[PDB]
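Some notes on the structure that comes next.
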Amino acid sequence: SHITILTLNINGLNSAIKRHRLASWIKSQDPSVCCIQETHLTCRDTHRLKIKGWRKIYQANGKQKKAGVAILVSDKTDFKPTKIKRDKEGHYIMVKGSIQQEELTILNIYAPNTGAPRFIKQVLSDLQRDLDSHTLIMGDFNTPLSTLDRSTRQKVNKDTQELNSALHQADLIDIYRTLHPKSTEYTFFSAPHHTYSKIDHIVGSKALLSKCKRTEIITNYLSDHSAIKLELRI
Ligand SMILES: NC[C@H]1CC[C@H](C(=O)O)CC1
């Protein structure tokens, strides 16, 4: 009745060397479900991503070696998919399914560097029909959601404020920030002027809060992004 969901922008998987490296890290972390961003695999190279122990994999890829997302499910986890929706451009993938008769919807997103919060709000609208009370939206938003997400505590811009409102209209909350309202933890440590920011996020339905046992930010040597882990009581 416990599953862990892990998100990491992996910064490219095209080379077999990097794929082998990612696989070892996953084996260690032993997540039930893993959301990866920036695989950079074109839609004709998706078959390249194989990780022993995580046979169920769902990918979304554009026509070029940029963006690219994947959701990997552990062989030990009974996830039964019912709907998969893939971005033509490789910036998100949504998987709906059930674990032990419990519905879960996972939207893995990689937002672009330019116009990130507007882009996420658009995807929310495009998929408004697919969001529900058991929805997790995780990945590299390429934007803070509040001042505490930046070591500078710079006010978030109007667009971000709009994204935050669209999220609340759908009864979606920043799950990390809700469990850790005062924390100053970061996932990207090369922000502009020697600054740090939390641009990776785990957002989710308010009704999932009762199931959230723990979150953990996992700094690593694989990527220029730290991973985020969520422990969920199914
Ligand atoms: N690499 C882009 C990333 C830099 C931090 C920035 C911020 O803190 O607003 C937004 C996203």
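Using the numbering of the PDB entry, the residues shown for chain A are 6-239, in order. Just follow the structure's listing: the first ligand is 1, and inside any ligand the first atom is 1.
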### Query
Which macromolecule is the chief neighbour of ligand 1 by contact count, per the PDB entry?
LINE-1 retrotransposon endonuclease
### Query
What drug do PDB records list at ligand 1?
tranexamic acid
### Task
Enumerate the atoms of tranexamic acid whose separation from the nearest heavy atom of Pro149 is less than 4.0 angstrom.
7 (C), 8 (O), 9 (O)
### Query
Atoms of tranexamic acid less than 4.0 Å from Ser202 heavy atoms?
5 (C), 8 (O)
### Query
Does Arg155, backbone or side chain, put an N or O under 3.5 Å from an N or O of tranexamic acid?
yes
### Close-contact set for tranexamic acid against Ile204 heavy atoms, below 4.0 Å
3 (C), 11 (C)
### Query
In the PDB record, where does chain A come from, organism-wise?
Homo sapiens
### Task
Could you find the nearest protein heavy atom to atom 10 (C) of tranexamic acid and give me its residue, atom name and distance?
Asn147 O, 3.6 Å
### Task
Extract every residue of other chains having a heavy atom under 4.0 Å from tranexamic acid.
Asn118, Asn147, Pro149, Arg155, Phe193, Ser202, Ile204
Give me the pairs of N or O atoms, one from tranexamic acid and one from the protein, that sit under 3.5 Å apart.
from, atom 1, to, atom 2, distance (Å)
tranexamic acid, 8 (O), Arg155, NE, 3.1
tranexamic acid, 9 (O), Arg155, NE, 3.1
tranexamic acid, 9 (O), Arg155, NH2, 2.6

